[PDB]
Structures are given as structure tokens and as C-alpha cells.
Undergrad: 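Okay, here's the structure I mentioned, the one with nelfinavir.
In this entry the chain letters A, B, ... are assigned according to the order of the sequence lines. Numbering of chain A is taken from the PDB entry, so the residues present carry the numbers 1-99, in order. Here chain B follows the PDB entry, giving residues 1-99 in order. According to its header, this structure was worked out by X-ray crystallography, 2.2 Å. Values below: all heavy atoms of this structure, side chains included; hydrogens, waters and symmetry mates excluded. Each ligand, and each atom within it, is numbered from 1 in the order the structure gives.
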2 protein chains.
Amino acid sequence: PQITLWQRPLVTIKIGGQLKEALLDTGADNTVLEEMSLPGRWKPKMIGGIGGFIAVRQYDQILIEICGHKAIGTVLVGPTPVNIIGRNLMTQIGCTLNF
Amino acid sequence: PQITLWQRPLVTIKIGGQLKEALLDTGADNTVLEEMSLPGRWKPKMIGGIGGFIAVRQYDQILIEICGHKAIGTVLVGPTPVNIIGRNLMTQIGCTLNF
Ligand SMILES: Cc1c(O)cccc1C(=O)N[C@@H](CSc1ccccc1)[C@H](O)CN1C[C@H]2CCCC[C@H]2C[C@H]1C(=O)NC(C)(C)C
């Protein structure tokens, strides 16, 4: 698909058996989901946004299905107000910016 | 231009006679630049990212050249660690996401 940017680029994701909506976010290095429980061990991480920092849990090698495309990667979980798909996962689904 | 997402999608901008690098940011509704002086009056605005909120100055009808494409729009100025080109200006330069 081509997605124009007149509205937020929200897509449906399936992760750990759950369906969510997530924002395709070229400005995010990382993928950040709201609180959910996930398989494997994790490590603590601080990530900086625009207003300051949040604490997250880093899960590696997590399966995510983004708009019907499977990707495996690092997913951070914590108190973000919107689910964010970052560049780490967009590269895996062949996602480009164009003009 | 096709831009892939293996690295940050940084482009060169010209605004207020100055050259800056800015991130093409599909996850930003608005355009936010580091501290700089700008024409016309402004209004105070609060914007919220990950980590919380920052205070900015909102300037309307500001000319910006993004990767050589002219756009006119709202530019927010304040303590962001990175210049961000948001959707409001991306739409003006014909910028899409694709996969
Ligand atoms: C800049 C901006 C607006 O003008 C309007 C609405 C949101 C935002 C905003 O902060 N957007 C952010 C997503 S986080 C987000 C939060 C709320 C709603 C939607 C997205 C950016 O797209 C990403 N954003 C761009 C940039 C913001 C300035 C500081 C450094 C990066 C931080 C990076 C970021 O947060 N990365 C994470 C891995 C932590 C997710």
C-alpha cells in the first residue's frame, strides 16, 4: 500500500495473540507498545521522547504482524500513550518514504 | 526521492534564511524546531511526546524549504533535541509511506 499523511498512519498489528492499532513512525528508532505481557526475559531501558524519558522493558525476537506482514524484532513495552512502530520494524516490512 | 529507513530520514531544510537538518517524522502531527527567531506573532502551545510535555511558540504561515521543496505552514519552536518535520508539512511536499 501507499499511505498518504493527511491523517495519522495507523495500522492494525497482531502481537502476542492480541490485536492493536499502532502508528507507523519514521521518527522513532524503536518500537514502543503500551503495557502488555510478552514471552521471554527482558532488560530495563530508558527511552527519550520530546517531553523527557520513560522506563521500558526490552523484548528481543518478538513476532509482530504489521498490516499483514510478519516481522521479528525488538519491542519495547511501557507507558507510551500510543503504540509506535519504529524504523527497526518498518525496514523489515519494506516500508519507504517517497516524494 | 525514495528514502529507506535503515538510518534516520534526515533532510536539509532552509527556514528563516538558515540551514538546518530535520527528521521526516510520520509519527509527529506537527513540525517542531529548536530555538530560533522567526517572522510574525506567535501563540503559546503545549505539545506532548513520550516523556511528557514541552512549551513551544506557534508560528503560522512560515516558509520552509525541505529537501528543495517549498512548503508554507505552522512551525513550532522550542526545546526539542531534534528538528522534526511533521505530517502538516510532509503532505505539502507530496510525501508518502509505501510498502
Ligand atoms: C513531535 C510530536 C507532535 O508534534 C505531535 C504528536 C506527537 C509527537 C511526537 O513526540 N512524536 C513521536 C512519537 S511518540 C508519540 C506521542 C504521542 C502521540 C503520537 C506519538 C515521534 O514521532 C518520535 N520521536 C521524534 C523525536 C522527538 C524529539 C526527541 C527525539 C525524538 C524521539 C522520537 C521518539 O519518541 N521515539 C521513541 C522510540 C521514544 C518512540
Undergrad: Which macromolecule does nelfinavir (ligand 1) make the most contacts with, named the way the PDB entry names it?
TA: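 Largest number of contacts: protease retropepsin.
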Undergrad: Tell me which other chains have a heavy atom under 4.0 Å from nelfinavir (ligand 1).
TA: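 Heavy-atom contacts under 4.0 Å involve A, B.
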Undergrad: Any idea which protein heavy atom is nearest atom 1 (C) of nelfinavir (ligand 1), and the distance to it?
TA: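 The answer is B/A28 CB, 3.7 Å.
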Undergrad: For atom 22 (O) of nelfinavir (ligand 1), which candidate among B/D29, B/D25, B/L23 holds the nearest heavy atom?
TA: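 The nearest heavy atom belongs to B/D25.
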Undergrad: Which atoms of nelfinavir (ligand 1) are found less than 4.0 Å from any heavy atom of B/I50?
TA: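 So the answer, numbered in order with elements, is 39 (C), 40 (C).
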Undergrad: Please work out which of A/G48, A/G27, A/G78 has its closest non-hydrogen atom nearest to atom 39 (C) of nelfinavir (ligand 1).
TA: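 Nearest heavy atom to atom 39 (C) of nelfinavir (ligand 1) lies in A/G48.
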Undergrad: Say whether B/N30, considering both its backbone and side-chain N or O atoms, lies within less than 3.5 Å of an N or O atom on nelfinavir (ligand 1).
TA: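 N/O-N/O distance below 3.5 Å exists for this pair.
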Undergrad: If the cut-off is 4.0 Å to any non-hydrogen atom of B/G49, which atoms of nelfinavir (ligand 1) fall inside it?
TA: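 With B/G49 as reference, the close atoms of nelfinavir (ligand 1) come out as 10 (O).
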Undergrad: In the protein, what heavy atom is nearest to atom 31 (C) of nelfinavir (ligand 1), and what distance, to one decimal place, separates them?
TA: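 Heavy-atom neighbour on the protein nearest atom 31 (C) of nelfinavir (ligand 1): B/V82 CG1, 4.0 Å.
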Undergrad: Taking only heavy atoms of B/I84 into account, list the atoms of nelfinavir (ligand 1) that are under 4.0 Å away from them.
TA: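 Answer, ordered by atom number: 26 (C), 27 (C), 28 (C).
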Undergrad: I'd like to check whether B/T80 has a polar contact with nelfinavir (ligand 1), where a contact means an N/O of the residue lying under 3.5 Å from an N/O of the ligand.
TA: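 Not met; the criterion fails.
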Undergrad: Taking only heavy atoms of B/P81 into account, list the atoms of nelfinavir (ligand 1) that are under 4.0 Å away from them.
TA: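 Close to B/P81: 28 (C), 29 (C), 30 (C).
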Undergrad: Dump all N/O pairs between nelfinavir (ligand 1) and the protein below 3.5 Å as a table: atom names plus distance, one pair per row.
TA:
{"residue": "nelfinavir (ligand 1)", "atom": "4 (O)", "partner": "B/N30", "partner atom": "N", "Å": "3.4"}
{"residue": "nelfinavir (ligand 1)", "atom": "4 (O)", "partner": "B/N30", "partner atom": "ND2", "Å": "3.0"}
{"residue": "nelfinavir (ligand 1)", "atom": "11 (N)", "partner": "B/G27", "partner atom": "O", "Å": "3.3"}
{"residue": "nelfinavir (ligand 1)", "atom": "22 (O)", "partner": "A/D25", "partner atom": "OD1", "Å": "2.7"}
{"residue": "nelfinavir (ligand 1)", "atom": "22 (O)", "partner": "A/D25", "partner atom": "OD2", "Å": "2.8"}
{"residue": "nelfinavir (ligand 1)", "atom": "22 (O)", "partner": "B/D25", "partner atom": "OD1", "Å": "2.7"}
{"residue": "nelfinavir (ligand 1)", "atom": "22 (O)", "partner": "B/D25", "partner atom": "OD2", "Å": "3.1"}
{"residue": "nelfinavir (ligand 1)", "atom": "24 (N)", "partner": "A/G27", "partner atom": "O", "Å": "3.4"}

